[PDB]
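Okay, so here's the structure we're looking at.
We number chain A the same way the PDB entry does; the residues here are 819-939, 998-1047, 1052-1171, in that order. FYI, side chains are in, hydrogens and waters are out, and symmetry mates aren't considered; it's all heavy atoms of this structure. As the structure lists them, so they are numbered: ligands from 1, and atoms in each ligand from 1.
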Amino acid sequence: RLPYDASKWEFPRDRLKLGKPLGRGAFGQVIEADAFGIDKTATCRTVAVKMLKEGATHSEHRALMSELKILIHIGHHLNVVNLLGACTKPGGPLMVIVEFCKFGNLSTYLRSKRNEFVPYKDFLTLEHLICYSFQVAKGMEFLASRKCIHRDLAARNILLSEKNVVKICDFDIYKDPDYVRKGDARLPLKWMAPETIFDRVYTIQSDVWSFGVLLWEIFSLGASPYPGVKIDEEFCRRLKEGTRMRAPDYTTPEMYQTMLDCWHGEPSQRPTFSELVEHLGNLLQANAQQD
Ligand SMILES: COC(=O)c1ccc2c(c1)NC(=O)/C2=C(\Nc1ccc(N(C)C(=O)CN2CCN(C)CC2)cc1)c1ccccc1
């Protein structure tokens, strides 16, 4: 759609060697791959490649090329999943090469660390959890500055790479039910602000609500929000009137206070991601203080 600077972005297909799919979805697939020299050094880096499936409608091609263009628009930040390059020229498939985050989505990761957590000292600790939280806030402050709205901020959509760096991704009902297991899905409604459940309107301050739900997910070590409750039209009703989740098993009091601040029923009275970054950095620095 928008102009495309091939000098900056085009990567040669003959320096890309595809491996196995990391995941396959309704509209495309993400393949694990090796790229030679994509960061301008003389190195092989494992990257992830968004590309189409073998079916592939012109609407599915147009969408990937739109995502590529939007990624170029957003630009780089440590705490988003970054565009590394693309292959768009005649001679092969459309491929959008992005950062590989080896540990996978954060929800699944945290659930896997439940017998490997200690509040403070290999293991996860409060330091890790407030870190992940600050990093997602830093990531979202950046996206707000690019005038983006995420619309589906959840711990499933946060990826973990090396050195406890965590990165926001914008992507089940899809996957083959013969192969579907217990947490292989998530009900997005549980992350939606009252004004979005109800009026279907997305803003950056509705993303601040979902960030609160994400915080809850981090500090439950990857449990599902609203435990027990069935999500009917009275869930909604109660939600719009003031009902909120209880503190999860691994929260500190300050972090639970922050969830509740992010769940202000009134969008303008929720913290901004700039205010969350400042407050969460304070909490992070306090946590590792000494005597
Ligand atoms: C805009 O950018 C994007 O949109 C985007 C989207 C997805 C990913 C991405 C960028 N970048 C990644 O890394 C992604 C995934 N990554 C992944 C990583 C590790 C795993 N895990 C834990 C494995 O075990 C995989 N394992 C395979 C074998 N080799 C040897 C090692 C890695 C699984 C998925 C992933 C993709 C599909 C769905 C879930 C996540």
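Tallying contacts with ligand 1, the largest count belongs to the chain named in UniProt as Vascular endothelial growth factor receptor 2. According to the PDB, the drug located at ligand 1 is nintedanib. Residues contacting nintedanib (ligand 1) within 4.0 Å (heavy-atom distance) are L840, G841, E850, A866, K868, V899, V916, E917, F918, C919, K920, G922, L1035, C1045.
For nintedanib (ligand 1), the polar-atom distance check against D1046 finds no nitrogen or oxygen pair separated by under 3.5 Å. Applying the 4.0 Å criterion to heavy atoms of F918 picks out, from nintedanib (ligand 1), the atoms 13 (O), 18 (C), 32 (C).
In terms of protein heavy atoms, atom 9 (C) of nintedanib (ligand 1) is closest to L1035 CD2, 3.6 Å. Residues of chain A near nintedanib (ligand 1) cluster mainly in UniProt domain Protein kinase. Among the ATP-binding residues UniProt records for chain A, the set within 4.0 Å of nintedanib (ligand 1) by heavy-atom distance is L840, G841, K868. Source organism of chain A, per the entry: Homo sapiens. Nearest non-hydrogen protein atom to atom 19 (C) of nintedanib (ligand 1) is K920 O, 3.4 Å.
Residue, atom and distance of the protein heavy atom nearest to atom 6 (C) of nintedanib (ligand 1) are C1045 SG, 3.7 Å. In this structure, atom 27 (C) of nintedanib (ligand 1) lies nearest to the protein heavy atom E850 OE1, 3.6 Å. At the top of the distance list for atom 10 (C) of nintedanib (ligand 1), counting protein heavy atoms only, stands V916 CG2, 3.5 Å. The protein non-hydrogen atom at the shortest distance from atom 39 (C) of nintedanib (ligand 1) is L840 O, 4.9 Å.
Under the 4.0 Å distance rule, the nearest protein heavy atom to atom 2 (O) of nintedanib (ligand 1) falls inside the cut-off.
Result for chain A and nintedanib (ligand 1): the nearest UniProt active-site residue and heavy-atom distance (1 Å) are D1028, 12 Å. For atom 4 (O) of nintedanib (ligand 1), the nearest protein heavy atom (residue, atom name, distance) is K868 NZ, 2.8 Å. Distances between N or O atoms of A866 and those of nintedanib (ligand 1) include no value under 3.5 Å.
Considering only non-hydrogen protein atoms, atom 18 (C) of nintedanib (ligand 1) sits nearest to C919 O, 3.2 Å.
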